[PDB]
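Structure note - ponatinib present.
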Amino acid sequence: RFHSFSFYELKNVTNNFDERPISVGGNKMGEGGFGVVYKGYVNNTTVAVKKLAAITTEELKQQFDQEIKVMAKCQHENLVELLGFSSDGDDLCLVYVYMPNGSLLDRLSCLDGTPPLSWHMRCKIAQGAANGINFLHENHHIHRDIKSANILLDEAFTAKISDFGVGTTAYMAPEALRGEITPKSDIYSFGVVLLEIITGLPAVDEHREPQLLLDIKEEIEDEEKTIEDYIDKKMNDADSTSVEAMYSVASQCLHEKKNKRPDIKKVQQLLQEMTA
Amino acid sequence: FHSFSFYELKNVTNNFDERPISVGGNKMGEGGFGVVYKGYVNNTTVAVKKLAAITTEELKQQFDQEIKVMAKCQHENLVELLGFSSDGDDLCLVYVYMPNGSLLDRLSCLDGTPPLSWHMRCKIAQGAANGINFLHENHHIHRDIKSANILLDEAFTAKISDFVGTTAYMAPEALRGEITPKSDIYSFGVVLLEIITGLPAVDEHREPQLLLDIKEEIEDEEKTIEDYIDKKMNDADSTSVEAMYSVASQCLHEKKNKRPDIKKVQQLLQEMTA
Ligand SMILES: Cc1ccc(C(=O)Nc2ccc(CN3CCN(C)CC3)c(C(F)(F)F)c2)cc1C#Cc1cnc2cccnn12
Ligand SMILES: Cc1ccc(C(=O)Nc2ccc(CN3CCN(C)CC3)c(C(F)(F)F)c2)cc1C#Cc1cnc2cccnn12
Ligand SMILES: [Co+2]
Ligand SMILES: [Co+2]
Ligand SMILES: [Co+2]
Ligand SMILES: [Co+2]
């Protein structure tokens with residue numbers, strides 16, 4: 001299943017856990033979630049290495065085992081993969097396969113000058129994220145934090161659902177803001193994600209009206225606006241038909257009432273008929 | 001310049017097909033008192049403004065005034081007027097087509113074009129400043145300086161164009177009716193903010209709605225310029241970004257006599273490039 005790494009290999013491969021950012025040539029790509037994450041290269045693969053730091057050194061462990069426990073079950077083309085771990089001396093380390101095209105969020109915003117995603121590619125990424133969510137649901141997992149920053153992209157730009165360390169309020173369904181734990185909340189957050197894919201806009205912008213992307217649904221329903229007004233201008237290949245089809249899916253996902261939202265298999269089917 | 005027969009530009013524009021170019025028509029846009037069409041003649045891709053109805057002979061006077069000013073405005077950084085057509089009706093002005101469109105469209109990455117790098121943006125700023133400087137040396141006030149009026153050729157060389165004012169770009173004294181080149185400087189400062197941020201000059205749904213108001217926020221230290229930098233560049237170092245922001249801040253001074261003149265702006269952008 002998992003390759004058992006030794007802490008000292010992981011130390012050597014991250015260049016002794018170089019803390020300088022990769023933009024400068026170091027190995028540190030991120031922080032947060034009770035650990036720092038470093039780019040490395042092991043077993044002929046570029047990898048992401050999360051080294052856990054120290055609150056209560058036993059709850060760290062708790063989280064360490066939990067992640068391995070859940071990641072063991074979750075293996076799918078459209079999920080991020082846990083290569084292995086190290087329970088070895090000094091620290092705890094988790095090793096994931098590195099996705100070189102980053103998050104869907106960064107590419108939608110064209111961070112660092114990457115070219116804009118085409119509509120074809122956007123459609124395929126939506127289908128893939130839907131498939132990964134479907135795997136999570138079929139096997140009785142709730143993601144509880146679906147967002148564009150939790151969708152990574154590999155060399156081929158295939159969607160890989162991730163969960164970096166109760167959710168993100170700009171993506172949260174009303175019932176989830178009230179404490180309910182259900183997959184239908186995942187479907188709602190995914191509807192927000194589809195709005196991001198269509199518009200290229202972030203989910204929340206404090207300096208924008210509306211501040212929340214989901215509210216554009218209202219503006220379109222009250223016919224103060226239309227979807228064409230919000231289409232990302234950074235594509236030349238987007239046809240009105242399939243854009244409206246994706247918007248329909250997203251709108252159905254964003255129903256305030258959780259039992260009126262489609263399940264993930266329904267979404268899958270609608271996104272299929274979108275490009276069929 | 002070249003005198004065209006009206007039927008020639010009619011032939012070359014597909015009889016002034018008014019459908020937009022995206023539909024397969026020839027209409028590039030709506031400017032001044034006429035419509036702008038794409039055409040091709042004499043080994044040159046051209047933009048043809050056909051003027052329409054406003055008193056008719058004042059139309060002819062504007063036509064003649066444009067030919068007179070553009071006839072002796074030939075510069076690397078200005079739009080190049082190729083010719084015209086005055087036989088009967090209508091009046092037509094022919095310019096050389098700029099295939100990379102306007103700075104506004106490229107800053108917004110319209111139709112999926114890649115984002116302009118920081119280096120390219122700096123060279124475009126310098127070129128636009130050179131065009132303004134040419135205009136000002138020859139005692140011309142532009143009166144409508146905006147990113148939509150900065151075109152770009154195959155090499156991304158900035159070309160100033162014109163087709164009163166745009167309120168998101170206007171200096172306070174220009175809003176009160178004054179006519180001075182110092183207003184041009186203020187508008188250029190807005191353009192520089194656009195180049196830094198990728199943001200449009202006005203956004204009705206944004207706080208603030210006017211990009212120029214970010215200066216206040218930065219000066220009132222509610223924010224920093226790094227908060228506003230376009231994310232769509234990987235080559236923007238903090239030093240030269242802050243340098244161009246300084247230039248834009250000086251250009252945006254409310255007191256017209258406290259703004260630098262165009263040559264000082266050229267010097268400052270120059271030093272920014274190092
Ligand atoms: C450091 C790191 C830590 C954790 C995870 C991670 O995604 N863990 C994960 C945990 C649980 C679940 C499923 N559960 C969710 C909770 N829910 C309550 C139950 C179901 C899933 C899921 F993928 F399946 F979704 C993933 C990924 C990375 C990464 C990475 C990485 C790889 N390449 C790059 C390139 C740039 C940045 N990162 N990066
Ligand atoms: C059709 C057309 C007509 C006119 C002009 C035009 O800019 N005329 C102009 C007239 C006067 C002046 C001088 N100022 C003196 C002081 N006066 C108060 C203001 C005026 C200047 C100036 F360049 F010098 F600025 C320019 C450009 C075009 C174009 C075009 C074109 C070509 N390719 C493309 C690609 C995309 C979009 N457009 N486009
Ligand atoms: Co604020
Ligand atoms: Co001829
Ligand atoms: Co350089
Ligand atoms: Co509104």
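Each chain gets a letter, A, B and so on, in the order its sequence line appears, and its residues count up from 1. Atoms within each ligand, like the ligands themselves, are counted from 1 in listed order.
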**Report entry** ponatinib - positions in model
**Finding:** ligands 1 and 2
Query - Main partner chain, ponatinib (ligand 1), name from UniProt - result: Interleukin-1 receptor-associated kinase 4
Query - 4.0 Å heavy-atom contacts of ponatinib (ligand 1) by chain - result: A
Query raised in the report: Relative to ponatinib (ligand 1), which UniProt active-site residue of chain A is closest, and at what minimum heavy-atom distance to the nearest 1 Å?
Result: A:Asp145, 6 Å
Query raised in the report: In terms of residue, atom name and distance, what is the protein heavy atom nearest to atom 2 (C) of ponatinib (ligand 1)?
Result: A:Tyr96 CE1, 3.4 Å
Requested in this report: Note the single closest protein heavy atom to atom 28 (C) of ponatinib (ligand 1), along with its residue, its atom name and the distance in Å.
Outcome: A:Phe164 CE2, 3.6 Å
Report task. May I ask you to check whether A:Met99 has an N/O atom sitting below 3.5 Å from an N/O atom of ponatinib (ligand 1)? Result -> yes
Query - ATP-binding residues (UniProt) of chain A within 4.0 Å of ponatinib (ligand 1), heavy-atom distance - result: A:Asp163
Requested in this report: Starting from atom 8 (N) of ponatinib (ligand 1), locate the nearest protein heavy atom and write down its residue, its atom name and how far away it is, to 0.1 Å.
Outcome: A:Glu67 OE2, 2.7 Å
Query - For atom 11 (C) of ponatinib (ligand 1), closest protein heavy-atom neighbour - result: A:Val70 CG2, 3.7 Å
Query raised in the report: Do any non-hydrogen protein atoms sit less than 4.0 Å from atom 14 (N) of ponatinib (ligand 1)?
Result: no
Query raised in the report: Are A:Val97 and ponatinib (ligand 1) in contact, using a heavy-atom cut-off of under 4.0 Å?
Result: yes
Report task. Determine whether the side chain, the backbone, both or neither of A:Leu152 has a heavy atom under 4.0 Å from any heavy atom of ponatinib (ligand 1). Result -> side chain
Query - Heavy-atom nearest neighbour in the protein, as seen from atom 20 (C) of ponatinib (ligand 1), with distance rounded to 0.1 Å - result: A:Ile142 O, 3.7 Å
Query raised in the report: Which UniProt domain in chain A is home to the majority of contacts with ponatinib (ligand 1)?
Result: Protein kinase
Query - A:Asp163-ponatinib (ligand 1) polar pair, N/O distance under 3.5 Å - result: yes
Query raised in the report: Near A:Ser162, which atoms of ponatinib (ligand 1) are under 4.0 Å from a heavy atom of that residue?
Result: 7 (O), 23 (F)
Query raised in the report: Who's the nearest protein heavy-atom neighbour of atom 22 (C) of ponatinib (ligand 1), and how far?
Result: A:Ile161 O, 4.2 Å
Query raised in the report: In this entry, what organism is named for chain A?
Result: Homo sapiens
Query raised in the report: At a 4.0 Å heavy-atom threshold, which residues contact ponatinib (ligand 1)?
Result: A:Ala48, A:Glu67, A:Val70, A:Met71, A:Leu79, A:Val80, A:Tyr96, A:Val97, A:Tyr98, A:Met99, A:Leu136, A:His141, A:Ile142, A:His143, A:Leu152, A:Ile161, A:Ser162, A:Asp163, A:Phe164
